[PDB]
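Taking it in order: structure first as structure tokens, then the write-up.
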Amino acid sequence: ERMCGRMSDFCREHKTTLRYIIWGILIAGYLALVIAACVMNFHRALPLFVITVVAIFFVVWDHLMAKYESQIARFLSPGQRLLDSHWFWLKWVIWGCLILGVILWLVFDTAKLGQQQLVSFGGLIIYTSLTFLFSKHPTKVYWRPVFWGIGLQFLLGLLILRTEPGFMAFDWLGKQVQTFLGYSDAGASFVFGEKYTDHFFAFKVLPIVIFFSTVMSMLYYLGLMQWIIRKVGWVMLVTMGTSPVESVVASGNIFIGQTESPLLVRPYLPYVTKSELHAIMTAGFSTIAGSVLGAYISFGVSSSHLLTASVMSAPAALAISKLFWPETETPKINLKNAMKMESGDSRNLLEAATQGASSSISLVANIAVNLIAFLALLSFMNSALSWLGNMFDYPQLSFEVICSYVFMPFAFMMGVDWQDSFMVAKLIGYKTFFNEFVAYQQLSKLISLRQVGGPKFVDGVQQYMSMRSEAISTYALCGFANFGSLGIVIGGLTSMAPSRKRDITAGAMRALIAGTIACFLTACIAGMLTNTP
Amino acid sequence: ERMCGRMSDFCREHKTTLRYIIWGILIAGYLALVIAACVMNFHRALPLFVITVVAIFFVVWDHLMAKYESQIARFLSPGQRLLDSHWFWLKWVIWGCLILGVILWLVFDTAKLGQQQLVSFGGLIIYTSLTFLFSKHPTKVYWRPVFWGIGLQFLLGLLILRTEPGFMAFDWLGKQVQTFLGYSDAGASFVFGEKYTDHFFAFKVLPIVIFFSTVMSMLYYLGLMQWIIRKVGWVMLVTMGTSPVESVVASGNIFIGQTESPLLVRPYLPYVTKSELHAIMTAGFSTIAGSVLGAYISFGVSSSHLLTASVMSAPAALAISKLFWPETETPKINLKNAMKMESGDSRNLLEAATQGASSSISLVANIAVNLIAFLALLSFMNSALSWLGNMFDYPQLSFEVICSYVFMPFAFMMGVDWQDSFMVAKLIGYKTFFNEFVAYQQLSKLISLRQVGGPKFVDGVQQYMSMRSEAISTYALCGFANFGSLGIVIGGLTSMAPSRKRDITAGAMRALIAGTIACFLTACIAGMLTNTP
Amino acid sequence: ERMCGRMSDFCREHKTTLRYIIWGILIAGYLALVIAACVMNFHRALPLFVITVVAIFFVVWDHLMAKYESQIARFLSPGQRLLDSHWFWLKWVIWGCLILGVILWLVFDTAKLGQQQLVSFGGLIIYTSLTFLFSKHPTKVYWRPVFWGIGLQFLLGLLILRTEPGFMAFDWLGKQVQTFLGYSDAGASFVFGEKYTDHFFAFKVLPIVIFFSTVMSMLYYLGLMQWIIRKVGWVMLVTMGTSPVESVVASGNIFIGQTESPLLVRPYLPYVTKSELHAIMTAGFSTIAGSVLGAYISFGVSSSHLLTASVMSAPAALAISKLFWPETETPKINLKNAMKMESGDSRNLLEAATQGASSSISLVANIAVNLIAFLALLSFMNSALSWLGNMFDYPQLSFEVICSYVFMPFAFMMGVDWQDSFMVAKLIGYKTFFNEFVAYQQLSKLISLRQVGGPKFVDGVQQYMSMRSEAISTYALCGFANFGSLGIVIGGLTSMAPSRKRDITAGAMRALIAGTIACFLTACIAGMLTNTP
Ligand SMILES: N#C[C@@]1(c2ccc3c(N)ncnn23)O[C@H](CO)[C@@H](O)[C@H]1O
């Protein structure tokens, strides 16, 4: 086998150049395809050219930052020194300018829009005051992260809701997801036949969850998700000054679920402080996964609003966590350790797809079993309350009626008008007690009722609410927080970090309340930026 | 934060009085609601008043027993001493009176009712004799528990089947469960659509199991189930003189499945004796779980009879366990240890509901798969026996035909008339060989056929049986005793108590036979108390 | 209890004779039934008589071989010595005779049949040459197993495809399975109602898998499967000279899935060599399981061809494993250790049935979820490729179009004609990239399209292929070899043998390629033996 030996020696001698040449040939072929498509027709091939240009730009940027980090840091250093030297007097000027800008924006936009947006701003202030008053360590509050998170939320709201470029970009991004969720019909029709639409939810919606889980697993294998998570987490860390671990987990929670987000920093969980653990739990409670976004879109909820709320939740979660439970210890983990995210054990893309598919079985089973149990309990409770109510000549007593009054003040502070606050209170109660699926189902019912165009009041009962109220409800309901998800979170986090069982249990309720408050703050900003039609 | 410190000091100083005052205010509000409902209309608010009165009575009784236990015991002591002093001669008088009462009841009721009830009594005697003859230690039999269990069964049968108060109470209780099982339709319609009735069993019956599991978990969290179990177990322990652990497990098995009832005494399992272990297994085999009651009621089986058999099974299970495998060791566990039941790790009611919901997944999956496999095996066996039978010009040979003859003597001793004994034998075989679900499905088929009113014989084949025979079959079929559950029972019990693997395996078959015999004894009593229409 | 003591003493004294007498009485009863059936009518009772005769013959044969092994070996020894003495010169005569026979068969059959069978033979030669060239140790090849496996495949093909007895036997065997898979409808109708056919795959096909899993578990409990596996494994071991462990695992893989076949030799896995491990993995990848045979038959794939491919795969798998990764170590395990197969922990037949039923839950769930995910990914990829293709005025670009050209050379070497090679390439790609379920679904689509009789070309697109091409595709697609199962295979094998994790990972890809090559070799033989209609 002399030929085999010679071939092996050749491969060993120049292994690096051979694979590099192969990759270069593949890249050249792709570029040739792109240029040929552009030559044949440019308007038709524009999106491919844009994607290629942005990919090349990001690759070059990443390479340059990796290679010239020290030089750039040294070049930036003198400016930082001068700014530190002049900061003692420049801070007052900067703060005064920011306050003046806030006042001018309020006076010239919010007052023009109407009273409800001013009420939204007041509700944001009140939620922040309430969070501060019931803080774990009111005297140890570091105010930089809170104001920076609120400012980042406000900037995102202005960019996405008050500008044509951002509005078009997010409308397009939402429209793409609707196209993407339709592909699961191919599998659903085969597995469940052409009559799979006879049982809409079980045989059409859950397959969307399965497909999205599979796609998320494939993306995680490809490493794009860690790239985006690192970008957003670095932005938050440099702006808000938060710890690398909590910043990374908050950025990840935008896409990944509550129970699978901490796995990004699993090795370092035992050494985190109490504040970081509370922030991790708050971020988990304040966002929704990407697996269960197609399910919400299928009901009829706006995709653009869901994406915007998911993006805005992370800074809100971090700010509310820092205000509610400020840091009183020294963080141990560093940026390099936090940013490295151990990828899963998948040998190839198809194995990653199969692993993502397999994991969805438990998720889709629980999603249906919990819904069955909660809807049965709701029907039983409504019947029991009607039975009790009839003894006072009030057989209309129900869970919805009680929620309409208990949670109305929370909806009013978010900027919902008086009439629609009682309807939003019912959704708030549904989310708080059972889960977000039950609340989004009712929200989709109301959206469809409005879109039909029928009478708004029948026998004195309001049938649907305004579109701004619907948007505010969508922002408020975008989370994983409910009184029934505390046990699974505690169990999973203890399983990842058994030594920290005592600490995990202590802050879980505060993290859940912080998540709800962060969702309400995002809803407050959305309400204060939207206009009354 | 001086105000925060002062508030914390105030809370710490008088924590006990603050929560007590809050609870008192809640109780006062509830009482105000009840009295207002009664004032506005009394006949309409009667059940609420009754529930409040019984709850207050039980709370006061429990408090008094807890506080004045020593005083009551001391007050009772002299009477016990006098009774012990005179017992050597009073025992013959008491036993003679009981025997005379039994004879008088037989002569003046059973003979009047007909021959079949005398046959039921003879079958009860024969089953007890057979249990004694094949006993593990025939010379070590303690006869108090056997006679006390039989007497308690007879008293329960007289109270429930032969008196208007008990009959009305149990009919009402059964009717309430039928209303309760309808609530799962709310979840079933949403998850599976409005066409969920196109697949009746999978999309309507199993959700009832899920909802019942959720409700049972919520009740166990609330602690009412332990209260009722403790009451019934104390009654049995004081009457039959059984060990606290076995009494508690028998009482619990009325509501809880065989595989979860032992969890009530999990810490003390390693120290139980062989007789207690056999009694635990017999009780598990002799009763059903509350989660599957809804499916049986949905098939069409009488709810009142199911509840009565479930209640009567526990004393029968304990008596048959004690007779078949009497105690030859010294029990180690005491009443206080047996009665304390470590509750689950649920932080709030909604978490308990979600945990109950999640557990039901495997239950329903196993039920569906087992039914599919058993029905396919039944069809294959029937086809194979028809193929074999045709070689003797008897192509009618089938599993049902063989069962009609093999198990007919067991049905006849239970008091079923000659014609219907062969039909009950088929149900007995179905239960013995596959499970109680198929036997109850066939029983529901027969009940529906009778209720239609069609011809009783078509081409010489009997289509349905009498209602007394149906009741006797319902009593006989109430149990999880089948050859296929021996493996799972042994696995679960060994998992709870690994050290006792050798002992668990030894008595499992005897416990299964004891459970079947206990079910047959309950059927015998039901038959001897029912009348021929 | 003197009577009980005497009975126990009697039972202990003559335990062996009592059970032997009972078994003899049962056997006498069975023989009486058989003889009576034969007397009443012989033609009607013929199959029962045949089954009884074959069972008696096999029992007597097994007893004689067990009892007289040493005597038979000694009697055979002198002939072996003479053959060894004369082998140095007789080997050339034997090899020349075999080569002449091969040449004569080629010239007088293959040339007559047509060019395509000669191309199949050339493809077999090319596949063997390619396997040799890329071998792990090309200089350590032991050529006995390769030639013996190829000869055994050729003999099986001649017996089953070129003789009336074998053809009738295998057609009958396939027809029996079609009858057997119909029994699951009894359970499916009850669990899913009479409308279970509204969702054909989920509510009719998976229950077949459940029933087949249950039947396989019952057979494994009964010990017939080990009997057959031992017979086939001894045949392969004596002919090919393979190690006992690899022979036993290859024989078992004919009926058992890749993930459960190694459990037959679980205790001895840690001491196997690298070559044996590679052979185990190749055998697992080169065959299908009996649980999924029913689904494939339900789709419309020929049952006889599936059975023949499953039988032929084992020698092909072993030969390709030995050629690709030859043995360079000393095997430690012996025949006696390999042949003993520790049975499962099932106390009775019904418990075995329930355990087989329970295991099927994850199998069917994973099948359904993987199918949904793969079909959704296929639809998304087809849409993306159409979007990319339209930029070159070729919107017809698709995954199928690319596969039709990428894998066409593999199909052509198997003997498929030029036109149908492109269609077989699509099925090859489907199997390689997602699984064998989708490829078989497409094959059933094509088979139905051919069986309808419509036009073969519509607008220049071929609709269906010849029946010989369908048979070759059926042979080629019989295997669990796909990129997505590498992870689960490695995980399961490491779980069984944690110490061998490093060795398991190294050879998994080579074992998958060897399995694919073995499937292609079986397809090559099937093509070279079939005729063009
Ligand atoms: N279980 C679950 C959940 C869910 C949805 C999506 C996920 C996910 N990606 N990872 C873990 N959980 N998860 O369903 C409820 C309603 O949507 C929620 O409260 C979650 O508890």
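The sequence lines are lettered as chains in the order written, beginning with A. Heads up, chain A uses the PDB entry numbers, so what you see runs 90-622. Chain B is numbered as in the PDB entry, which gives 90-622 for the residues shown. For chain C, we keep the numbers from the PDB entry: what you see runs 90-622, in order. Determined via electron microscopy, 3.2 Å. Remember, it's 1-based here, ligands and their atoms both numbered in the order they're listed. No hydrogens, no waters, no symmetry mates; every other heavy atom, side chains included, goes into these values.
- The drug candidate or drug found at ligand 1 is named GS-441524.
- Here the macromolecule bound to GS-441524 (ligand 1) with the most contacts is known in the PDB entry as Sodium/nucleoside cotransporter.
- Those other chains that come under 4.0 Å from GS-441524 (ligand 1), heavy atoms only, are A.
- Residues with a heavy atom within 4.0 Å of GS-441524 (ligand 1): A:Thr348, A:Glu349, A:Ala378, A:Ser380, A:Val381, A:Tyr385, A:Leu452, A:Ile456, A:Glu525, A:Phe526, A:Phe569, A:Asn571, A:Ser574.
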